[PDB]
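Taxol complexed to Tubulin beta-2B chain, as determined in this entry.
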Amino acid sequence: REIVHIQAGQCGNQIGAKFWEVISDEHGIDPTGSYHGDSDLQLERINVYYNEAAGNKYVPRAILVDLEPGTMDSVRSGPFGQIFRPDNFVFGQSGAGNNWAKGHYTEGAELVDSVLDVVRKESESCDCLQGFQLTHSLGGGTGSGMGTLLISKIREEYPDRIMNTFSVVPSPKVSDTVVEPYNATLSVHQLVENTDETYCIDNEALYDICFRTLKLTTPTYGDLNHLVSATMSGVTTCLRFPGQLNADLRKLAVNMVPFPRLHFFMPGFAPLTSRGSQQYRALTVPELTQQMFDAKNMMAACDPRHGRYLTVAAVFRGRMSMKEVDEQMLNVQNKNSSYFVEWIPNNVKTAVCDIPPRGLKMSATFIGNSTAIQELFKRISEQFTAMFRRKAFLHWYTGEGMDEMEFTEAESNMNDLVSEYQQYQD
Amino acid sequence: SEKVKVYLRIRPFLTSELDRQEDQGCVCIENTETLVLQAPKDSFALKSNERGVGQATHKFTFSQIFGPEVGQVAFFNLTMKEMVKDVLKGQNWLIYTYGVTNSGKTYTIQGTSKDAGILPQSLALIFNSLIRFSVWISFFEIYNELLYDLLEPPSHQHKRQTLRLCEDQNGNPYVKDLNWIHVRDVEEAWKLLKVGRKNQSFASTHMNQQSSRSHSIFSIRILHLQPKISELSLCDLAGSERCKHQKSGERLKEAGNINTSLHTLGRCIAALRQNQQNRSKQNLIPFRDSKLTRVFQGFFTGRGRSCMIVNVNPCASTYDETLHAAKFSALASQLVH
Amino acid sequence: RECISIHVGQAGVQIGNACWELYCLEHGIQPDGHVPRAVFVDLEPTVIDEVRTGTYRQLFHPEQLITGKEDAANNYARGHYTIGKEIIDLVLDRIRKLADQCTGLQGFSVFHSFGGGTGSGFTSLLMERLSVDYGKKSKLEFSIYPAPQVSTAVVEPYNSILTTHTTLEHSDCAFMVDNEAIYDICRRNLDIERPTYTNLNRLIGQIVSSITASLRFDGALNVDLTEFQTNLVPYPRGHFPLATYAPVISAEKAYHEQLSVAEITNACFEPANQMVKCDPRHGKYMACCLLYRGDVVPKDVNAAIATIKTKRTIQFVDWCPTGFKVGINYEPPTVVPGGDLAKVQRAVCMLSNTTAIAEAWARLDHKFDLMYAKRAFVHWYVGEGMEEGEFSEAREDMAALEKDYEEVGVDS
Ligand SMILES: CC(=O)O[C@H]1C(=O)[C@@]2(C)[C@H]([C@H](OC(=O)c3ccccc3)[C@]3(O)C[C@H](OC(=O)[C@H](O)[C@@H](NC(=O)c4ccccc4)c4ccccc4)C(C)=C1C3(C)C)[C@]1(OC(C)=O)CO[C@@H]1C[C@@H]2O
Ligand SMILES: Nc1nc2c(ncn2[C@@H]2O[C@H](COP(=O)(O)OP(=O)(O)OP(=O)(O)O)[C@@H](O)[C@H]2O)c(=O)[nH]1
Ligand SMILES: Nc1nc2c(ncn2[C@@H]2O[C@H](COP(=O)(O)OP(=O)(O)O)[C@@H](O)[C@H]2O)c(=O)[nH]1
Ligand SMILES: Nc1ncnc2c1ncn2[C@@H]1O[C@H](COP(=O)(O)OP(=O)(O)O)[C@@H](O)[C@H]1O
Ligand code: ALF
Ligand SMILES: [Mg+2]
């Protein structure tokens with residue numbers, strides 16, 4: 001079961017570079033080096049994210065799409081940046097405007113054809129393809145825009161394979177852009193009708209969780225990103241290893257998404273203790289559930305406690321007894337029966353791998369599908385409408401060949417999506 | 001508003017079908033409006049004697065029911081004349097055929113050369129029913145949940161691309177990216193149907209060779225200025241199938257896609273009937289769930305008078321699928337336009 | 001006389017390696033020792049490969065190891081229709097070549113874990129095509145039914161209501177072991193809060209060794225496989241009896257080994273040792289097969305059972321006078337060299353059919369229903385070549401098994 005990562009846009013690229021920086025380490029794959037892997041088990045499944053060509057050069061199977069040179073020209077000129085095959089670099093020297101429509105209809109539309117070519121060359125790699133990974137930001141052109149096209153085409157060329165998407169939703173408190181809510185509403189629309197697994201990350205939730213769960217005084221982007229890359233490896237990659245109870249994308253999805261819409265999840269790491277001090281090593285198991293299921297520690301901005309849960313996926317990865325896990329999970333579902341849905345006897349879906357993160361003893365990826373994520377689409381819709389009404393920076397969209405009813409479409413869709421989420425939140 | 005016009009028809013057992021297995025008397029007729037059912041089978045459902053295929057009785061309620069003996073001409077008499085008049089009136093109208101595999105839905109829709117179907121008959125009636133007139137035709141097929149335009153010229157490889165289903169200024173969803181041809185005469189429409197046949201996907205099944213892979217939607221919009229806009233749409237949906245067990249391969253995938261799409265209509269109607277009973281602050285409409293449901297939204301929830309053609313298979317094996325279909329129609333009858 | 005075994009599904013394959021392990025252990029057949037007589041099928045390579053990488057690697061033939069690189073899918077539908085179909089062919093072929101190669105076999109011991117993907121789907125179509133190609137044989141399947149409250153899969157019940165409908169009308173006798181109730185045994189009858197799947201498997205792998213293995217071996221009261229289905233099922237329905245083990249003492253904590261028959265047999269009827277959360281809340285026994293092995297005197301037995309029969313608290317069904325199949329084997333049990341099992345010189349592996357399952361079924365029926373009421377993950381089944389038929393026609397179906405265990409019992 002192979003897969004093909006996709007670093008759409010600037011953010012998606014920056015974060016992507018960190019995800020591969022991480023992932024490689026969990027497979028002993030040096031820049032241009034070969035398999036230095038501490039063990040031999042970190043090789044039995046490499047195929048899934050790499051490619052066999054020479055015999056010492058296992059190249060990551062990802063795609064780099066962006067209309068801004070600077071990005072691709074900084075990631076390929078650094079560390080592991082020199083591992084990607086030139087063919088993978090799908091750049092577009094055009095005008096990388098921060099406009100969703102400009103990167104989906106005018107500038108993005110051209111490089112798209114030059115994308116489909118590669119996305120087909122990589123899909124036809126080997127073994128059996130499972131799905132595609134897509135990373136990007138809902139606060140820019142090449143991210144929300146170019147990324148919104150890539151999915152609509154991918155999910156039409158292979159409506160069989162799954163589609164995981166890691167989006168960096170526009171943080172509330174402070175928005176790192178001005179058109180932000182526009183590019184968001186417009187991209188979420190296509191996502192909720194293409195991708196079948198979306199992990200919303202919050203630039204401001206990262207800061208928080210990195211300022212209170214990590215004594216880090218200077219949380220650089222690289223850091224933030226790294227945290228994400230650590231969680232997103234626990235999702236996919238992890239499950240591609242043996243284990244007492246192993247899972248995989250399919251199992252994971254067909255167990256977490258009750259309604260065809262797509263549903264949004266919430267990534268969460270387990271052992272999140274500061275280096276020096278904090279190193280209590282308290283990882284028996286009950287300490288992990290305490291963390292993960294807490295408010296703080298949830299990559300989303302909204303708090304689970306503000307909305308029922310639909311499903312949960314405990315992706316553990318560390319030698320442990322199937323008793324102290326499955327039991328605990330139950331206890332938690334009883335202690336917090338209030339918000340955890342009743343029409344579902346067993347919301348939590350326990351998974352237990354074996355091999356842990358290289359230097360750590362035991363970890364556990366958290367993927368919660370709570371209806372609490374409503375307090376995000378609402379936010380966006382608010383900010384959107386609030387400026388839409390006055391057609392704020394609307395002329396910047398239309399002028400790139402768009403429709404004024406298109407904005408309505410997006411809003412409507414995402415708004416209806418809110419309805420559904422509430423129909424099962426009560 | 002009025003309840004959806006629904007008619008139930010059954011197809012006669014084929015000689016080959018009869019030879020394979022002969023179990024008749026499953027469907028009986030009582031009154032033109034209603035059907036009485038007693039179905040025989042090799043074995044009944046294993047439980048206390050309840051609704052089984054072995055020997056059981058059931059009741060069907062519909063506007064009108066047709067026997068195995070008569071074909072499309074009977075449908076043309078009652079349905080074709082009145083339905084076309086509504087469209088001329090400017091009122092939107094839509095008719096589709098629903099039923100299990102081997103029900104002969106293509107027979108109702110297209111019809112044979114000797115016996116013209118609903119579409120060719122309605123085409124004749126529109127002229128009779130018919131001031132400036134403008135008319136265009138759109139023809140497309142949905143295969144593997146992807147849309148193709150029948151109008152597209154014949155070629156080795158050709159894809160229309162995904163249908164641009166975007167809601168415009170109008171609240172009701174509209175289908176775009178469809179090529180349109182002016183309708184001067186019936187023959188022009190017929191020609192479009194003929195060329196469309198080649199483009200439309202076809203396949204053979206254990207049940208029947210005629211089997212259509214893709215659902216077919218024929219849409220004709222008439223604009224008349226004494227401009228009134230009216231849309232007449234005739235849809236030929238593919239039926240459900242056991243063939244999935246019998247065959248595999250691409251055929252399995254096509255069946256899976258159809259069975260999922262067919263189910264979305266069923267869930268929608270179920271919600272719709274429930275919506276009919278419940279006053280408010282209840283379950284939402286599944287239109288958004290599937291693309292097919294979205295397009296059909298106007299049909300189910302919004303504007304336009306609707307009529308449905310349900311085909312039934314007298315086969316005992318098919319009984320569970322047919323019962324569900326009948327149940328679907330019964331539930332659909334509950335809600336009003 | 002022979003019998004083959006089909007380990008299907010991640011769990012069923014993991015448990016298979018365990019159950020098959022104990023075998024060699026009491027047969028003097030080291031890692032690279034004869035040719036077995038079972039197979040391992042799963043749509044998850046990583047799990048089947050574990051038998052190609054871990055212990056007993058070369059003790060199996062790569063021909064009796066079927067794998068489907070595609071997708072496993074934790075759902076009946078996919079495993080049954082779409083994918084599972086593609087694999088069935090190859091699978092059947094093997095269980096038809098090995099069934100021929102032997103000499104007068106007895107049946108196919110199926111090993112699946114009800115609420116799984118390959119365990120639900122796959123098996124369903126396997127047993128179907130089996131009952132037609134070998135209707136004239138025995139079909140005893142040892143299943144692992146969904147834990148009453150500590151389930152795993154979110155869909156779990158769905159996958160078990162679809163596999164029940166097809167197994168009811170194709171299998172002869174399906175033994176069931178409650179996954180949850182196994183932890184209990186490790187806590188109350190072993191004392192250990194660290195039970196890994198590889199441990200739970202050792203339990204089943206033990207009771208089963210007393211089923212097939214030791215039974216197929218001569219003794220003072222041989223018991224053929226046919227005997228079972230005959231004396232264990234009162235009606236054509238694929239009745240699901242319960243598996244139980246007696247000498248489950250810890251080889252560390254307590255040490256009372258020397259526990260005369262009368263006691264080891266009495267420890268089988270106690271709810272805190274029945275390898276199933278089907279507590280005798282009302283379920284009347286209707287046939288029990290007390291399989292003994294080791295030092296056991298036929299008279300000592302024909303007394304310990306008599307005392308039980310007159311204990312009244314074990315209330316048997318009305319229409320059943322005597323329902324106690326005394327099975328005496330020779331070879332005593334076989335504890336893993338360094339597991340956690342005491343190691344006695346006699347054991348009582350009592351299995352039986354009890355109207356108790358009325359509970360277990362209800363609790364799984366309700367579950368299913370609750371979810372079905374909103375259709376939840378139904379679209380995940382439909383899109384894999386399925387419909388409301390398989391569901392609605394299997395809901396009402398099993399229903400008549402909830403009524404069956406009520407009608408055929410509770411009434412004089
Ligand atoms: C001496 C020692 O034990 O050091 C630990 C350590 O101190 C701690 C604090 C690590 C440390 O992580 C961070 O400080 C951190 C920095 C930015 C963003 C997020 C986290 C560590 O850097 C991270 C590192 O993680 C790994 O090695 C995992 O395999 C992890 N790898 C990466 O994220 C990675 C980092 C750089 C380059 C390549 C990969 C991983 C996790 C999930 C999935 C795949 C890989 C570990 C255990 C440590 C250090 C080195 C100090 C912690 O994080 C992780 C992800 O394990 C932070 O809280 C945990 C608890 C650990 O004990
Ligand atoms: N006793 C025991 N139970 C197990 C073991 N492995 C899994 N289970 C149980 O069986 C069920 C898990 O089934 P899965 O592993 O998800 O699936 P599968 O049946 O192998 O097939 P797929 O869904 O297609 O992967 C859960 O109820 C587990 O608690 C095991 O080794 N021993
Ligand atoms: N976590 C994270 N967010 C980023 C990074 N880069 C940009 N972002 C976020 O992405 C949004 C801006 O979109 P951007 O990536 O510039 O769009 P594009 O480059 O035109 O596709 C802001 O909300 C930023 O916080 C990054 O490296 N990590
Ligand atoms: N009312 C009918 N009378 C006679 N033959 C019919 C009738 N309905 C269907 N058939 C025949 O049954 C076969 C299958 O019908 P068809 O319409 O193609 O199937 P489907 O319902 O799946 O669209 C054809 O050979 C058709 O001519
Ligand atoms: F022609 Al059919 F289902 F067989 F629509
Ligand atoms: Mg598995």
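Chain identifiers are assigned alphabetically (A, B, ...) following the order of the sequence lines, protein sequences preceding nucleic acid strands; residue numbering begins at 1 within each chain. Every heavy atom of this structure was used, including side-chain atoms; hydrogens, water molecules and symmetry mates were not. Method of determination (from the header): electron microscopy, 4.4 Å. Whatever order the structure lists ligands and atoms in, that order sets their numbers, starting from 1.
The ligands or chains attributed to Taxol are ligand 1. Other chains within a heavy-atom distance below 4.0 Å of Taxol are, by letter, A. Covalent bonding of Taxol, as deposited, involves no chain atom.
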